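Here is a PDB entry that includes methotrexate.
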Amino acid sequence: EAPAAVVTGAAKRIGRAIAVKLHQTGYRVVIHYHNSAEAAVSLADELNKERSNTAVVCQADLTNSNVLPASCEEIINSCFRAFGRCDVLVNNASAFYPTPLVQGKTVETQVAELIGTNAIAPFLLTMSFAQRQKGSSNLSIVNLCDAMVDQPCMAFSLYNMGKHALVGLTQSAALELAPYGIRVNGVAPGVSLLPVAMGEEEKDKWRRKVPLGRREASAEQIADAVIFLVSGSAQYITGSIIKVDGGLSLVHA
Amino acid sequence: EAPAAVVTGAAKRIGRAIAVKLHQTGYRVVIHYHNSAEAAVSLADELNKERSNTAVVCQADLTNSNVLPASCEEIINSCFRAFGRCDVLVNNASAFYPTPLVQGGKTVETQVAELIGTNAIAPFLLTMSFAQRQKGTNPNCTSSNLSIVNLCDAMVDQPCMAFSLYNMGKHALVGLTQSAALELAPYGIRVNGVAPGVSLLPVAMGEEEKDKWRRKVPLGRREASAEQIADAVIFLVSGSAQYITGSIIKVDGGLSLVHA
Amino acid sequence: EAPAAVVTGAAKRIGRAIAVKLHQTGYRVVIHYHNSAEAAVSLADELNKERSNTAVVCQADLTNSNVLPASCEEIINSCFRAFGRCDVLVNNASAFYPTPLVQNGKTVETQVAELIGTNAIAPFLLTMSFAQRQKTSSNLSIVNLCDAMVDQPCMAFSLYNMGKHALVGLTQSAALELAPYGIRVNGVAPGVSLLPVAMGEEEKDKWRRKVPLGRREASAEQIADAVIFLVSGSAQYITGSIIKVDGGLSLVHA
Amino acid sequence: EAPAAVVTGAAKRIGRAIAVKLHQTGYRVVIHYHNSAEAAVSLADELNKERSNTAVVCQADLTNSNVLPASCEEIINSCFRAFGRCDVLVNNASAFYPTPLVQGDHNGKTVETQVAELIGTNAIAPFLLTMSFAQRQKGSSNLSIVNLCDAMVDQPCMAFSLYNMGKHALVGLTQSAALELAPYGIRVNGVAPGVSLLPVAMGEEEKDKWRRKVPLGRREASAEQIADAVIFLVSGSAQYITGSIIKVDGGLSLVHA
Ligand SMILES: NC(=O)c1ccc[n+]([C@@H]2O[C@H](COP(=O)([O-])OP(=O)(O)OC[C@H]3O[C@@H](n4cnc5c(N)ncnc54)[C@H](OP(=O)(O)O)[C@@H]3O)[C@@H](O)[C@H]2O)c1
Ligand SMILES: NC(=O)c1ccc[n+]([C@@H]2O[C@H](COP(=O)([O-])OP(=O)(O)OC[C@H]3O[C@@H](n4cnc5c(N)ncnc54)[C@H](OP(=O)(O)O)[C@@H]3O)[C@@H](O)[C@H]2O)c1
Ligand SMILES: NC(=O)c1ccc[n+]([C@@H]2O[C@H](COP(=O)([O-])OP(=O)(O)OC[C@H]3O[C@@H](n4cnc5c(N)ncnc54)[C@H](OP(=O)(O)O)[C@@H]3O)[C@@H](O)[C@H]2O)c1
Ligand SMILES: NC(=O)c1ccc[n+]([C@@H]2O[C@H](COP(=O)([O-])OP(=O)(O)OC[C@H]3O[C@@H](n4cnc5c(N)ncnc54)[C@H](OP(=O)(O)O)[C@@H]3O)[C@@H](O)[C@H]2O)c1
Ligand SMILES: CN(Cc1cnc2nc(N)nc(N)c2n1)c1ccc(C(=O)N[C@@H](CCC(=O)O)C(=O)O)cc1
Ligand SMILES: CN(Cc1cnc2nc(N)nc(N)c2n1)c1ccc(C(=O)N[C@@H](CCC(=O)O)C(=O)O)cc1
Ligand SMILES: CN(Cc1cnc2nc(N)nc(N)c2n1)c1ccc(C(=O)N[C@@H](CCC(=O)O)C(=O)O)cc1
Ligand SMILES: CN(Cc1cnc2nc(N)nc(N)c2n1)c1ccc(C(=O)N[C@@H](CCC(=O)O)C(=O)O)cc1
Ligand code: NI
Ligand code: NI
């Protein structure tokens, strides 16, 4: 019988590429989304046309709040309701914008969004993932990290704190959930898909920097590393974070 | 004119020892505390005994909440109020307890607020407020020695079982240390960390459990005293570390190097 | 047409498993060996029985010496003479033994030659020679076998540890320098894998216990699995990456 | 009694500033050099004019060879012979030049000479000096080793693989020796410059290119700023510190591509 996966922020871009590749591997998928309702059901439609009743949609804000644990518990619950199991969780959804230290949203909202999406939701989703299993199988969690986590971008401190917290969770959860046969790993893109709204010349500045090919990783290239980690080929791998960055983190100033 | 320093969680233990050594080095200090009012003022009394009006006290919960940015601004303000300047910020205050991922007291969101608030968010807001006050300073046109020192954890990559939120908070602190170091370098504000392995064990910990942790330590088979942690802090704030920023010094007696 | 791979120290254990999985994936293989002649040819015979003319054997000492560069050029040339190409280099051969700092009559300089040569310098020269011969339907890459415990070193293994650290450095330097040629350079870092046969089971179990995921060592095959991912089309953007295959061992404090 | 230190490659630049600061702190010093004889003897003279009988010179090639262990043993011996003790070893001497992985147009040296020089000076010599240092220990004291590492070690410069391998191996040694020598109270630490003193031969525009990369001040570290971290690590304010490598790089290693 088919395994099931939750992918967060799976409506488009890298999240969509992960849901799609997991689907092609034979997973049924919960496509989580926040604001991209149309893209999410459009994705689910295609996947369901491929194989009937193998994709459901689930919407949630993953900003930190007192109700976030409930939302995260529900996200996991939706996978079991639809599919009777939950074998894989991919923590992909992520708020991303600058927060300059020296001077719209209050700083506490930015805290809740940036740290919530990048670290607290992954933590809570991990708790619920594990709780639902215990209290053959190839259970694992993949966290979407950042290969530049130690060469941060200017004025992105909260985002960077969130990705760093995600490294800690990946390692803490790997260690703690190993007795249950739940493996916990990361995939760390460097420059992948640039923002839809980024000007082309700004995109080119980033591409130029990549030693391997002078270009960004495609969403499929990121998804490949994810499906390796969920596979039987990675049965012994846990607490490992795989850079998919084309050498970018190795390039000095 | 003597420089001034803010030290969070400075009433006891490592924070206290940092405050004492900064004061002995010539700093005026803001002693921040949460619950330890008695210890905070008795420290201030002692420092003020040595040099009149060189130690002041400041109370604040550093748990994340919608009033944290305000609280942290006021902490930095208290240093300018008392001493007319703020040269050094030491982020030492820290909540610390287990938070198991699997279950068989506080809600998990209270734990998040406390653990990531004290260890990461408050340091970040204090860093903002510290830097905002140095906005109109050109490091070329001045002879100051501004820095922040973040109290980290040498075991961040070999974490203790069931301490995931604490660990996330310390990881975020490493991220802030590095991000702030880069972003504030144009202001001549250096941002560094000191990472104890096993230092002062909890007062409530059984003596046999204490000795288990002590035995792990290759250099001397003992915990670091609070003074030895403070030595590294004062090096990092000193003129002999003027080119150091984004560095996290381990003070762990080799502990992080020991395999399972 | 079929790609070709060189695997150093390929007669036994992890190296043999890598050579086998590469061959199963469609690679022709050069099976390098040092002292394990019989094992090397029995492996070569087994793979050639599977598919004719897909396996050859190559003897070489990878200790550092004045002749080492020539040996390494010959190992690479060997793959080209046998198969007309060389798509993959796996640096697997490794000397491994204690060298205490404070006090088998091996001199320390022999220990240096053996431990640094096999783990670092031979990898570096094979990399030179590999790159030199390549100086686009191609997928060229190098995989170096590292050590997940490189920053939590075992007691009295300083030269070995220096060897492995130099290999990390080589992986990163070569990844950057060879990227313009489309040559990707990566690492697989076992923690506890195959234990020495002669080691007491009671000592083996001490190591096994340390491992969170399963309380067991990695099989050679599980290590080989990460190797074949790195060389595959599913890793075309991965260079300078070292993947731990350690079942969480490196995350366990003392 | 005054303590004693050995500093390798101490005739000039960073190694000199370390020898000077250790001398100013009250150490007697062995000034090791390879080619810089005049600068070495000139330093010994300045130090001796300040406090008589507190500085000696010792010449040795630290290229890897079958005689390197003897040479390193000699270097350590020279400290016990002059000063009756050896409290501090500073591994500073370092060969530094590109070794491209791909050749095209044919340099000077053979690749095995380059191996012997680059990894001998940066790694093997430090290892043997560490062996001899710990072996010779006699029996209030503060024994330590400081290794000069490199902050850019995981963001290597183009075509410097052998140099980078040496420096990576030196990290390994720092950590391994920290663990292994801890039971004897010998601490082993590192100082990692990013951009400090630029090569004399380097053109001014190239020098300015490196300087402008540094976030903290847009300048290189002086030799004295590097020596400061060294002297902190050998000091009593660092007695619980072992296996730590402190970056002195003005934030350079934190700058993305
Ligand atoms: N793209 C890159 O070059 C790159 C580089 C480094 C690291 N990464 C990591 O790789 C992963 C995917 O990258 P990406 O560029 O594809 O990410 P992205 O497009 O910026 O974001 C992915 C999804 O996250 C969801 N999200 C944002 N805020 C949310 C919130 N408040 N609550 C719930 N969901 C929220 C959004 O869902 P909706 O659209 O439905 O609202 C969004 O589509 C991320 O974790 C990222 O940090 C990517
Ligand atoms: N001790 C060790 O072995 C060790 C190991 C690794 C890292 N560290 C780091 O070194 C630093 C000092 O360690 P330590 O053991 O001295 O710390 P600690 O005793 O556990 O706590 C330090 C102080 O932090 C303050 N604090 C706690 N929760 C707070 C909150 N909600 N709001 C405001 N302040 C709060 C407390 O102040 P009040 O008493 O006034 O309430 C406390 O006295 C910490 O950052 C720690 O993480 C220590
Ligand atoms: N096994 C583990 O638990 C583990 C853990 C961490 C890292 N690793 C790494 O993974 C790789 C494979 O490990 P392993 O246990 O399979 O290795 P191994 O059995 O110790 O050695 C593999 C081969 O290296 C060859 N070799 C040794 N010295 C040589 C020299 N002088 N010149 C040429 N070849 C030489 C030997 O070839 P011959 O038999 O032909 O003489 C040997 O069969 C190694 O690089 C190792 O460091 C393994
Ligand atoms: N920007 C920087 O300068 C920088 C950056 C990162 C790391 N570092 C590290 O910091 C340390 C000091 O840097 P530096 O620039 O002052 O070094 P350097 O001037 O390039 O070299 C220091 C000394 O090493 C000695 N040496 C070279 N080859 C030798 C050999 N074959 N045998 C014995 N001695 C040999 C030379 O001594 P003689 O002159 O007597 O021949 C030289 O004076 C080095 O380890 C370096 O790698 C420096
Ligand atoms: C590598 N990358 C692509 C990119 C796109 N989406 C992402 N989304 C998430 N959640 N996380 C990522 N790290 C991410 N990265 C980058 C890198 C820098 C900037 C950047 O400098 N952003 C500025 C300026 C962008 C602009 O000029 O358009 C900003 O204010 O957002 C954006 C994307
Ligand atoms: C190294 N150390 C000392 C210690 C003391 N106070 C601190 N305080 C803070 N804020 N941060 C630290 N990391 C810290 N560390 C440790 C290490 C382990 C445990 C620990 O396993 N504690 C268990 C129980 C241990 C027990 O008391 O028996 C707990 O539930 O708190 C406590 C302190
Ligand atoms: C994880 N591992 C397995 C192992 C086997 N072969 C290898 N071979 C190589 N080349 N590299 C390795 N890292 C390696 N590792 C280990 C770990 C420790 C000891 C060990 O403590 N050996 C001591 C003790 C031997 C014993 O007690 O039986 C020795 O003196 O060799 C051996 C193998
Ligand atoms: C940071 N730095 C200064 C410098 C000077 N001496 C040293 N000496 C040693 N032993 N180790 C160092 N790391 C070192 N670094 C650098 C950085 C890059 C180049 C460099 O790109 N060198 C090229 C280009 C020289 C040029 O164009 O002038 C070479 O071929 O040597 C030189 C020095
Ligand atoms: Ni981190
Ligand atoms: Ni290394």
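The chains referred to below are lettered A, B, ... by the order of the sequence lines, with proteins before strands, and numbering in each begins at 1. Ligands are counted one by one from 1 in listed order, and the atoms in each one are counted from 1 as well. The figures here come from the full heavy-atom set of this structure, side chains too, leaving out hydrogens, waters and symmetry mates.
One finds methotrexate in this model at ligands 5, 6, 7 and 8. In the deposited model, the macromolecule with the most close contacts to methotrexate (ligand 8) is named by the PDB entry as pteridine reductase.
Using a 4.0 Å cut-off on heavy atoms, the other chains next to methotrexate (ligand 8) are D.
Not one N or O of D:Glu206 is nearer than 3.5 Å to an N or O of methotrexate (ligand 8), by distance alone. Atom 19 (C) of methotrexate (ligand 8) has as its closest protein heavy atom D:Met202 CE, 3.8 Å. The protein atom (non-hydrogen) at minimum distance from atom 6 (N) of methotrexate (ligand 8) is D:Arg13 NH2, 3.2 Å. The shortest contact between atom 16 (C) of methotrexate (ligand 8) and any protein heavy atom is with D:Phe96 CZ, 4.0 Å. Atom 10 (N) of methotrexate (ligand 8) has as its closest protein heavy atom D:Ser94 OG, 2.8 Å. The protein heavy atom nearest to atom 18 (C) of methotrexate (ligand 8) is D:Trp210 CZ2, 3.5 Å. When only non-hydrogen protein atoms are considered, atom 1 (C) of methotrexate (ligand 8) lies nearest to D:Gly194 O, 3.9 Å.
With hydrogens left out, the protein atom closest to atom 4 (C) of methotrexate (ligand 8) is D:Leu197 O, 3.7 Å, a heavy atom.
Among protein heavy atoms, the minimum distance from atom 13 (N) of methotrexate (ligand 8) is reached at D:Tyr163 OH, 2.7 Å. Among D:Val200, D:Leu148, D:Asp150, D:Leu198, the residue whose heavy atom lies nearest to atom 2 (N) of methotrexate (ligand 8) is D:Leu198. Near D:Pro98, with a cut-off below 4.0 Å to any heavy atom, the atoms of methotrexate (ligand 8) are 29 (C), 30 (O), 31 (O).
Residue D:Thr121 places every heavy atom at 4.0 Å or more from methotrexate (ligand 8). Per the PDB record, the organism listed against chain D is Trypanosoma brucei brucei. Applying a heavy-atom cut-off of 4.0 Å to methotrexate (ligand 8) picks out D:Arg13, D:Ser94, D:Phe96, D:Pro98, D:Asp150, D:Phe160, D:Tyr163, D:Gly194, D:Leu197, D:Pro199, D:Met202, D:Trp210.
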